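Drug present: L-captopril.
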Amino acid sequence: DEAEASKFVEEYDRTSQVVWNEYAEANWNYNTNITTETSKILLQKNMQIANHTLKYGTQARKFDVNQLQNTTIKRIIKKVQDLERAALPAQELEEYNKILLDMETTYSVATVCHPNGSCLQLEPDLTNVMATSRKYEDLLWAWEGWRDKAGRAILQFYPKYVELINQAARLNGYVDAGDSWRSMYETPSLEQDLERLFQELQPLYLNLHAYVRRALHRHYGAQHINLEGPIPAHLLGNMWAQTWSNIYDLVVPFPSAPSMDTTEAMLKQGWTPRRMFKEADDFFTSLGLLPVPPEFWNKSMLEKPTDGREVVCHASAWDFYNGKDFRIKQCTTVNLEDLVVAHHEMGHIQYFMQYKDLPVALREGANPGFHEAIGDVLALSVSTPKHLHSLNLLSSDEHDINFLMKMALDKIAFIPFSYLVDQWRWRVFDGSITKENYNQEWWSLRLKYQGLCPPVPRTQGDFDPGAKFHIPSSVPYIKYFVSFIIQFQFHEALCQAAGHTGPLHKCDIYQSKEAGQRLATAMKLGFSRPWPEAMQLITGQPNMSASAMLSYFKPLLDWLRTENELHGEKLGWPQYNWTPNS
Ligand SMILES: *[C@@H]1O[C@H](CO[C@@H]2O[C@@H](C)[C@@H](O)[C@@H](O)[C@@H]2O)[C@@H](O[C@@H]2O[C@H](CO)[C@@H](O[C@@H]3O[C@H](CO)[C@@H](O)[C@H](O)[C@@H]3O)[C@H](O)[C@H]2NC(C)=O)[C@H](O)[C@H]1NC(C)=O
Ligand SMILES: C[C@H](CS)C(=O)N1CCC[C@H]1C(=O)O
Ligand SMILES: [Cl-]
Ligand SMILES: [Cl-]
Ligand SMILES: [Zn+2]
């Protein structure tokens, strides 16, 4: 009956609030202080939430979903029918929980040491080396070292992780874990749509790639860069070469039009991690969106502890499922990179606050890409020279191309990377890639999509995917690719709503109530409606589209084409088998 389904959903919501709140606190503690005690209590509260999930999941499966009138109730019960890991038998569930914890801990505590003495952590030590070093061998030491210590140490867990996560997926009606992850977008054409979006960004990426390769040839020498081949993976200023902004100094289009060092300016003007988040909060409220509760400032970990405690430094935002307690956990360094990250995380909080009155089962983004996009949209306006000057962090066509380049190194370079991560994982989950070929197929995709090669030939036992946080942490990655496409669509739509005219990249939406209103109406929908509805609320149309991102970067595309043609660059990497001779 229709009445029994409504009652079930009401009972689910009530009991879920209590249990999910309890789990959130226990998960917070392990992430903020990795010990043996906190690892145990997390696993005990893990079985508690699994107990609830199993109880209500089993009940939900007794309801005939498609023979149910109300669409909101129908949708909730359908989601509760997916038990996820709680579908595993007790022994497999215990093993699976143990593996995830083991992989995450291994990643978190891995260090790279000189035999002399000094041991380096990923953050900030190895990250800093990757960002600042302009010495080929020193970059190699950190690049290889991190893979040797973190990547290699994840390999022993991964095949069993794959087995158990696929099993849980099959027990919930999917064919494998990748199938289950993709289903979050509720879009049959997902794979085709993403491929077309990626293809639309080829002219821009290939031109950026060719230009950067030429600049690296200039700095690192003709003997170490093949102008028709892939770029060695350790030279892009980032451990994973996923964003390239840290090598801006090597690639600046107009060196005679330099801008202020914002990181130096932040440190100069005494910018605290707490000020960085206060500024993000101001931007949201300027748009007419919600301020963070007083409780947020009291309970968030906005900086790496000087206590010397082992933490998960990876930046994340937290919903405690009571509509009052929201937190950010971040090991914040004072720079521009983390100022954008601060807006990114505050975007998650805004989303939490906006949909807090919905049933717990519908308290997520329209799709995972939406949750990731919100903060980045505001950060786009923040990053403009106009806005950076109003923050006293900065003091012509040449400055224009320079700024666009800086943006391109982050936003454009990230496209092929964010695309490839789950292209790899989907093929691991569906069985196309076995443990014999994990690493080799990872590098095939790094070549195919990003046009990169490893500086050092990989050996048996290498598991370079393991050296990227989201792999041992089992966090789906395709959302970041969606985010980067759609955030430019949102920027474009909000800029139109704010009455901005002229080049899209010149837009700053600060204080625009019309912009804030479009985001608010979409964000309040939570997961209650198919994502194209939220897309239509923001942009006036229902599709994902790369046209906004292309429009944003159009002046840079023109510049890159002229510059690359001038030097006769080959677009792409026709000599695709080239690897460093060293
Ligand atoms: C299908 O059912 C949904 C959800 O129903 C809700 O959940 C059920 C399990 C039961 O507990 C119901 O009692 C409960 O309503 C219905 O959506 C709901 O619609 C009403 C409007 O009729 C919304 O109420 C609003 O509440 C705000 C409070 O801030 C007021 O300002 C508004 O004026 C308005 O009264 C309610 O929020 C909404 N619930 C959800 C979860 O979206 C829906 O009406 C129903 N559809 C059909 C076709 O019957
Ligand atoms: C910090 C966020 C998690 S909320 C993240 O993992 N990001 C943000 C963009 C890409 C990806 C990454 O760091 O690899
Ligand atoms: Cl790698
Ligand atoms: Cl995702
Ligand atoms: Zn995020």
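Numbering, chain A: per the PDB entry, residues 40-434, 439-625 in sequence. Quick note: numbers below take in every heavy atom, side chains included, and nothing from hydrogens, waters or symmetry partners. Atoms within a ligand are numbered from 1 in the order they appear, just like the ligands themselves.
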Components assigned to L-captopril
ligand 2
Counting heavy-atom pairs under 4.5 Å, which macromolecule has the most such pairs with L-captopril (ligand 2), as named in the PDB entry?
angiotensin-converting enzyme
Quick one: which L-captopril (ligand 2) atoms are inside 4.0 Å of a heavy atom on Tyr520?
10 (C), 11 (C), 12 (C), 14 (O)
Considering only protein heavy atoms, which is closest to atom 13 (O) of L-captopril (ligand 2), and at what distance to one decimal place?
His353 CE1, 3.7 Å
Run the numbers for me: atoms of L-captopril (ligand 2), each under 4.0 Å from some heavy atom of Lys511, listed by number.
12 (C), 14 (O)
Atom 8 (C) of L-captopril (ligand 2) [closest protein heavy-atom partner, distance rounded to 0.1 Å]
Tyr523 CE2, 3.8 Å
Look only at interatomic distance and state if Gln281 has a nitrogen or oxygen under 3.5 Å from any nitrogen or oxygen of L-captopril (ligand 2).
yes
UniProt domain of chain A most involved in contacts with L-captopril (ligand 2)?
Peptidase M2 2
Polar proximity L-captopril (ligand 2) side, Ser355 side, N/O cut 3.5 Å exclusive:
no
Check whether any N or O atom of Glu411, backbone or side chain, sits under 3.5 Å from an N or O atom of L-captopril (ligand 2), and answer yes or no.
no
Where, taxonomically, does chain A originate according to the PDB?
Homo sapiens
If you measure every N or O of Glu384 against every N or O of L-captopril (ligand 2), does any of those distances drop under 3.5 Å?
no
Report the nearest protein non-hydrogen atom to atom 1 (C) of L-captopril (ligand 2): residue, atom name, distance rounded to 0.1 Å.
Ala354 O, 3.4 Å
Taking only heavy atoms of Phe457, which atoms of L-captopril (ligand 2) are found under 4.0 Å from at least one of them?
10 (C)
Contacting atoms of L-captopril (ligand 2), where contact means under 4.0 angstrom from a heavy atom of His387
4 (S)
Is the closest N or O pair between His383 and L-captopril (ligand 2) shorter than 3.5 Å?
no
Residue/atom in covalent bond with L-captopril (ligand 2)
none
